[PDB]
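What follows is a deposited structure in which one can find mometasone furoate.
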Amino acid sequence: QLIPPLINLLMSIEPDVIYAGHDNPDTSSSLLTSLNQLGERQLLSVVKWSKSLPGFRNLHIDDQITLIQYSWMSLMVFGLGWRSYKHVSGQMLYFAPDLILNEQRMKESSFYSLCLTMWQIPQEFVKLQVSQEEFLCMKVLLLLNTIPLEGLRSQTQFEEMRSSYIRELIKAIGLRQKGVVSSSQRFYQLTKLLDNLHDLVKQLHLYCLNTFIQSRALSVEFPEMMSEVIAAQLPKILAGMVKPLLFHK
Amino acid sequence: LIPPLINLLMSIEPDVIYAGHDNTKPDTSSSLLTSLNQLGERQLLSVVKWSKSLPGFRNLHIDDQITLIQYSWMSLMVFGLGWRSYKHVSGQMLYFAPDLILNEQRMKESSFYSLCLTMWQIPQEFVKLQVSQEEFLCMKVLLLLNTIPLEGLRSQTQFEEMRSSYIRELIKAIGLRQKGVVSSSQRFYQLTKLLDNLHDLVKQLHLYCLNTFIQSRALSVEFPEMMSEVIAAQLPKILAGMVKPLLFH
Ligand SMILES: C[C@@H]1C[C@H]2[C@@H]3CCC4=CC(=O)C=C[C@]4(C)[C@@]3(Cl)[C@@H](O)C[C@]2(C)[C@@]1(OC(=O)c1ccco1)C(=O)CCl
Ligand SMILES: C[C@@H]1C[C@H]2[C@@H]3CCC4=CC(=O)C=C[C@]4(C)[C@@]3(Cl)[C@@H](O)C[C@]2(C)[C@@]1(OC(=O)c1ccco1)C(=O)CCl
């Protein structure tokens, strides 16, 4: 087609729709447990996606697991932004077809604040008019956007993969942004959106880990696979003991 | 010839606290950490009582007092470990308590030799500097007052007055021994740098502690009541850097 084959591949490997299983009165705590229930199902889906993503299975298995444990929440908030942009024009948060939040369902002050943070992504998607082909290549680069302070075991292959998906994003931008000046500026805008996600996700990581270490008292359930990625890396990530990659100074 | 506020600090200094540790039984990774945290809980209770006696502290807002103890406990307790090790065993063993003393061979046998080396840095620095009791008592008050919230304190004006008063007192304590002008100025720089350096050493202890707390059931490590409360109140936020560490340099 005019659509490059790697992008059409990324489109075919996107996860199908995941339901939260929410029991449809609204309450902050039961809402949070439903959000983490959904997060467990989405985590399964991200690891399956990774198994089909070109290049990723060839990195050392420890690097595969480290990059999923670093990037899971960033990938899931970026997909929440896509669904919300696409289904409700960014104006509600479309966590799943059975768990769509508007402002009436955001009652407790810290819950609404966290939603506003997440709401930044679909607002930028609406402003910039991000395309599916852009979003698919961006989402790979977010998987690949933090490494350990000592680097990865397959650092060479990693660097090759990340360059390949930067070239692919350039192709995605080229589908629509025809000028030299305009497609350069578009590359800048998209890559700076990805750099800015590191600071957005830090607030969600802190709230997550604070809730997780008193989850019993809070009556907030975290499922087993999500509890493992939290316990394995979150405190180290929050402490700054990882290397976030940036496109811009 | 000792200034009255320092004599007061000496008078209110906690007494030595026993761990009640059973040195019949060989060290086990779980039993050694559980006994360390039981002793830490008793030392934390004592720091709370000390703070009720420390001039100025009871006149800050009660939420400020709680926050400053939640931010500084680890720093206070490591600094107190350093002083007892220097005073009682010439700095050459870690003197957690009179019944819980780790010489280097017991450190090496423990599963925690690296952590023990990191904490044993502090008494070795006290030996190198020949820190006096009057300098230590003032430095320890400044560790209580060495981090504030990003938004400041409710009693920010009273806090600054208090913290400046204890800086002035450290300057008087230096003057007891350092009679020359340049020597005295250099010693103020050295001791205040020692304090600034402790932020980085304590970050390492805070990360291990929070990982141990998350994994406490798996690892059979007990965390007593007040210790748990302060870890769950602030430790993720401190490790995220969402507080303001005060530096002298
Ligand atoms: C602030 C965090 C960040 C949250 C994730 C964002 C990314 C995300 C997107 C999804 O579509 C489904 C689940 C997750 C993976 C989230 Cl909503 C949940 O697990 C729920 C998460 C972890 C989190 O969400 C909230 O606290 C929250 C979300 C909305 C309002 O409060 C939380 O700590 C639950 Cl206790
Ligand atoms: C690495 C940390 C730092 C430790 C504190 C240092 C400061 C301290 C000084 C004490 O005398 C009593 C207790 C504490 C408060 C410590 Cl030893 C314990 O709670 C035990 C603490 C938190 C800690 O200690 C160790 O892990 C450890 C290994 C060997 C010595 O300490 C821990 O995480 C245990 Cl869960």
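First the proteins, then the strands, lettered A, B, ... as listed; each starts at 1. In listed order, ligands and their atoms are each counted from 1.
- The location of mometasone furoate, copies and all, is ligands 1 and 2.
- Here, the chain sharing the greatest number of close atom pairs with mometasone furoate (ligand 1) is referred to in UniProt as Progesterone receptor.
- Lab note - other chains with heavy atoms under 4.0 Å from mometasone furoate (ligand 1): A.
- In this structure, residues within 4.0 Å of mometasone furoate (ligand 1) (heavy atoms) are A/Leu32, A/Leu35, A/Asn36, A/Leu38, A/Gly39, A/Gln42, A/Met73, A/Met76, A/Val77, A/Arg83, A/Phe95, A/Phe111, A/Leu114, A/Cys115, A/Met118, A/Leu204, A/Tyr207, A/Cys208, A/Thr211, A/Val220, A/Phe222, A/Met226.
- Listed by atom number, the atoms of mometasone furoate (ligand 1) under 4.0 Å from A/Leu38 heavy atoms are 11 (O), 12 (C).
- Of the polar atoms of A/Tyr207, none of the N or O atoms is found under 3.5 Å from an N or O of mometasone furoate (ligand 1), judged by distance alone.
- Filtering the residues that UniProt lists as binding progesterone in chain A by heavy-atom distance under 4.0 Å from mometasone furoate (ligand 1) yields A/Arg83.
- For mometasone furoate (ligand 1), the atoms lying closer than 4.0 Å to a non-hydrogen atom of A/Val77 are 7 (C).
- Within a 4.0 Å radius of atom 14 (C) of mometasone furoate (ligand 1), the protein has no heavy atom.
- In this structure, atom 10 (C) of mometasone furoate (ligand 1) lies nearest to the protein heavy atom A/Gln42 NE2, 3.2 Å.
- Mapped onto UniProt domains, the residues of chain A touching mometasone furoate (ligand 1) mostly lie in NR LBD.
- The single protein non-hydrogen atom nearest to atom 2 (C) of mometasone furoate (ligand 1) is A/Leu204 O, 4.1 Å, given as residue, atom name and distance.
- Ranking the protein heavy atoms by distance from atom 16 (C) of mometasone furoate (ligand 1) puts A/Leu35 O, 4.7 Å first.
- Of the protein's heavy atoms, A/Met73 CG, 4.1 Å lies nearest to atom 5 (C) of mometasone furoate (ligand 1).
- Among all non-hydrogen protein atoms, the one lying nearest atom 33 (O) of mometasone furoate (ligand 1) is A/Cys208 CA, 3.3 Å.
- Among protein heavy atoms, the minimum distance from atom 24 (O) of mometasone furoate (ligand 1) is reached at A/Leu32 CD2, 4.4 Å.
- Checked by distance only, mometasone furoate (ligand 1) and A/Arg83 come closer than 3.5 Å through their nitrogen or oxygen atoms.
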Check: every mometasone furoate (ligand 1) N/O to protein N/O pair under 3.5 Å:
{"unit_1": "mometasone furoate (ligand 1)", "atom_1": "11 (O)", "unit_2": "A/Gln42", "atom_2": "OE1", "d": "3.1"}
{"unit_1": "mometasone furoate (ligand 1)", "atom_1": "11 (O)", "unit_2": "A/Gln42", "atom_2": "NE2", "d": "3.3"}
{"unit_1": "mometasone furoate (ligand 1)", "atom_1": "11 (O)", "unit_2": "A/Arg83", "atom_2": "NH2", "d": "2.9"}
{"unit_1": "mometasone furoate (ligand 1)", "atom_1": "19 (O)", "unit_2": "A/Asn36", "atom_2": "OD1", "d": "3.1"}

